[PDB]
Structure formats: C-alpha cells, structure tokens
Amino acid sequence: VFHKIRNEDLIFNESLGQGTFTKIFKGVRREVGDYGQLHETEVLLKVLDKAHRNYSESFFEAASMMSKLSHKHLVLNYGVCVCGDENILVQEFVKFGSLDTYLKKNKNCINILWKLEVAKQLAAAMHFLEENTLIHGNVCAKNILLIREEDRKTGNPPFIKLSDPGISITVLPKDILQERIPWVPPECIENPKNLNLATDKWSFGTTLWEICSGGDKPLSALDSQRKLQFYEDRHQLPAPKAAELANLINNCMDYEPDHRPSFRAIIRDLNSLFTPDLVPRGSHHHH
Ligand SMILES: Nc1nc(Nc2ccc3c(c2)CC[C@@H](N2CCCC2)CC3)nn1-c1cc2c(nn1)-c1ccccc1CCC2
C-alpha cells in the first residue's frame, strides 16, 4: 500500500523530461512533517502517459520495488497521488537530474576519477540488488540521477542514485525492446520473460559505456533493423580510450549470460583502477 498523497497537497510545475510511456514534472508537496510542522518539499511527479495506461500495474509494481528496499544509492518513493484518472508517483527530486544529460553538458570537465566513482557507486547499488536477488531491468544513464556534484574544493566525489526500473521489459512490445538495444541484452529481445540477474550485468556494461562516452547513445545511428543485426553479428561496442574500462564493458556485455561477472567482481575491477599503475604496459618483455 503506497502512502496516498492528496492532489490538493500537490502543485505540478515544470516538465523535466520523459521516459518510456511516462512524463516527469517538478512539483511541490505540502505535508505535515515531523513534529506536526507544515512543510513544503520539492518532489518528482512521474505520470504514466494516457496512451499507456494499460501498463499501470507494472508501472506501480516497479516503483514498489524501491519502497521495499532502503539503500543510499536508490531513489526514494514518497507515495501515489489520488489524481483522479491519472496514475502518478511522487518521488524524490534529485537536484542535478539524469546522468546522461549531465555527462553531455559537462563532458569537458569530467575526469577519470569522476567516472570511476560514479561507476563504483552504480556497481554498489547493483551488488545490493544482486544480493537481494532482485532484477532492475532498466539500468541506463538516464535512470541514474546526480544528487551532488564533485567538490573540487575538498576532493569530495559526486553522488548518484539509481531510479526505479519503470515498466518491465517482460510486458513491453517487441518494437520497444528493439529500440532499447544495446541496453536490453540479446537473449531478452525475443524472450524478455527469460530475464534474470545476468540481464542487469549486460545493461551495466552499456551504462558504463555511456559514462565513458560523454553521454553518447551507443548505436544511435543504427535503425532498429541494424540494431538487431548488430546482435546477430555478435558485435561489441566501440572501445573507450580507457582500455581497462573498455575491457570491463566488454566483459559485462558477454553474449553468454552465464559468463557475465558478479557485481562483487565488477567492484573489485573498478576499485583496482583507482590506484595508478606507473609501470609501462608490457614491461614483462624486454623490447
Ligand atoms: N527522481 C528524479 N529526480 C529527477 N530530477 C531532475 C530531472 C531533470 C532535471 C532536473 C532534475 C534539474 C536539473 C537540470 N539541469 C539541467 C542543466 C542544469 C540543470 C535538468 C532537468 N529526475 N528524476 C527521475 C528521472 C527519470 C526517472 N525517475 N526519476 C524515471 C525512472 C524510470 C522510468 C522513467 C523515468 C522518467 C525519466 C527519467
């Protein structure tokens, strides 16, 4: 049972963007808070598109996953609005918005440690889900939200959260799934109901690619037919210049689901990259 928030206690402000079958708005919620004090809080209002109301059950059940879990890297739910004929979730408003937009705007000022920190934080969230045997199913840079920017005055890192997964791929049309290549793994295009924990390891690889590519969208130049063919031909994404991160991307985007690495191993690989290696590559041989 979601906490029910009266529409009279919600003010809908600017559009903040859109997801699959959804639109998001910035809102203000009026509530009685701790100590009976009336407060106003910024909120995210996520509205299921009128043209997609048949997915309402999957829309709410996906958000309920994050009501049952509490973790510092997971977006908070506040409740649902009794907004008449509208299916509307009231969630935490993350100040700096989605990571894909942020990476694109700030691609000049983001260094490798920033990227490693964000990737390690996402891997920490995903290890928590893995340990709970829960499948997200929609890991992408758009669904990663930036709580706080890096503070170069102190060395403090950025801080991210992962959003709820939205409507499950298990109910989505094939045409939608094809457009979601290469986030949706190859085995889930024809049979999305076969998704498993290995699904999220593939998508994590794609998301790490996004992080390393300044918010480019992989394979955006390929139409749906050519995206399908990319999987038929067993291609990998183009390597970022950071070779060790290219290796991790590709290890996660293994066409064999059972060979994709655990999130514990992913975290280990990321952690190792924080320590500089000043020995020239290939020094085991003398010329
Ligand atoms: N929680 C949650 N806060 C937020 N803040 C947010 C979103 C957009 C902006 C801002 C904040 C302000 C910053 C602005 N910049 C621009 C440059 C300077 C300032 C950018 C605008 N966005 N956001 C969320 C976002 C999504 C899903 N969920 N939440 C989502 C999850 C699953 C399925 C579908 C969706 C819907 C779309 C993605």
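By the PDB entry numbering, chain A shows 536-822, in order. Numbering of ligands and ligand atoms starts at 1, following listing order. Computation of the quantities below employed the complete heavy-atom set of this structure, encompassing side-chain atoms and omitting hydrogens, waters and symmetry-equivalent molecules.
This structure shows the drug at ligand 1 to be bemcentinib. The main binding partner of bemcentinib (ligand 1) here is, in the terms of the PDB entry, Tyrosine-protein kinase JAK2.
The presence of a protein heavy atom under 4.0 Å from atom 13 (C) of bemcentinib (ligand 1) is confirmed.
Bemcentinib (ligand 1) lies less than 4.0 angstrom from a heavy atom belonging to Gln553. Checking atom 23 (N) of bemcentinib (ligand 1) against the protein gives a heavy-atom contact under 4.0 Å.
Here the protein heavy atom with the shortest distance to atom 15 (N) of bemcentinib (ligand 1) is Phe631 O, 4.5 Å. Bemcentinib (ligand 1) has no nitrogen or oxygen under 3.5 angstrom from a nitrogen or oxygen of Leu579. If you look at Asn678 next to bemcentinib (ligand 1), the close heavy atoms, those under 4.0 Å, all belong to the side chain. Which parts of bemcentinib (ligand 1) touch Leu680 is read off a 4.0 Å heavy-atom cut-off, strictly below it: atoms 2 (C), 22 (N), 23 (N), 24 (C), 25 (C).
Closest to atom 17 (C) of bemcentinib (ligand 1) by heavy atom, among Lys640, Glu627, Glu577, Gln626, is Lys640. When only non-hydrogen protein atoms are considered, atom 25 (C) of bemcentinib (ligand 1) lies nearest to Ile559 CD1, 3.6 Å.
Proximity of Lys630 to bemcentinib (ligand 1), defined as any heavy-atom pair under 4.0 Å, is confined to the backbone N, CA, C and O atoms. Residue-level proximity to bemcentinib (ligand 1) for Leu551 is carried by backbone and side chain together, each with a heavy atom below 4.0 angstrom.
Atom 31 (C) of bemcentinib (ligand 1) has as its closest protein heavy atom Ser698 OG, 3.2 Å.
In this structure, atom 20 (C) of bemcentinib (ligand 1) has no protein heavy-atom contact shorter than 4.0 Å. The atoms of bemcentinib (ligand 1) that sit less than 4.0 Å from any heavy atom of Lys581 are 31 (C), 32 (C), 33 (C), 35 (C).
Applying the 4.0 Å criterion to heavy atoms of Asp699 picks out, from bemcentinib (ligand 1), the atoms 31 (C), 32 (C). In this structure, atom 34 (C) of bemcentinib (ligand 1) lies nearest to the protein heavy atom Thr557 OG1, 3.6 Å. There is a protein heavy atom less than 4.0 angstrom from atom 4 (C) of bemcentinib (ligand 1).
The shell of residues around bemcentinib (ligand 1) (heavy atoms under 4.0 Å) is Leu551, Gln553, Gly554, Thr557, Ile559, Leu579, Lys581, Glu627, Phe628, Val629, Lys630, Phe631, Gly632, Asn678, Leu680, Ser698, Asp699.
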Put together the list of close N/O pairs, under 3.5 Å, between bemcentinib (ligand 1) and the protein, could you?
{"residue": "bemcentinib (ligand 1)", "atom": "1 (N)", "partner": "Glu627", "partner atom": "O", "Å": "2.9"}
{"residue": "bemcentinib (ligand 1)", "atom": "3 (N)", "partner": "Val629", "partner atom": "N", "Å": "3.0"}
{"residue": "bemcentinib (ligand 1)", "atom": "5 (N)", "partner": "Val629", "partner atom": "O", "Å": "2.9"}

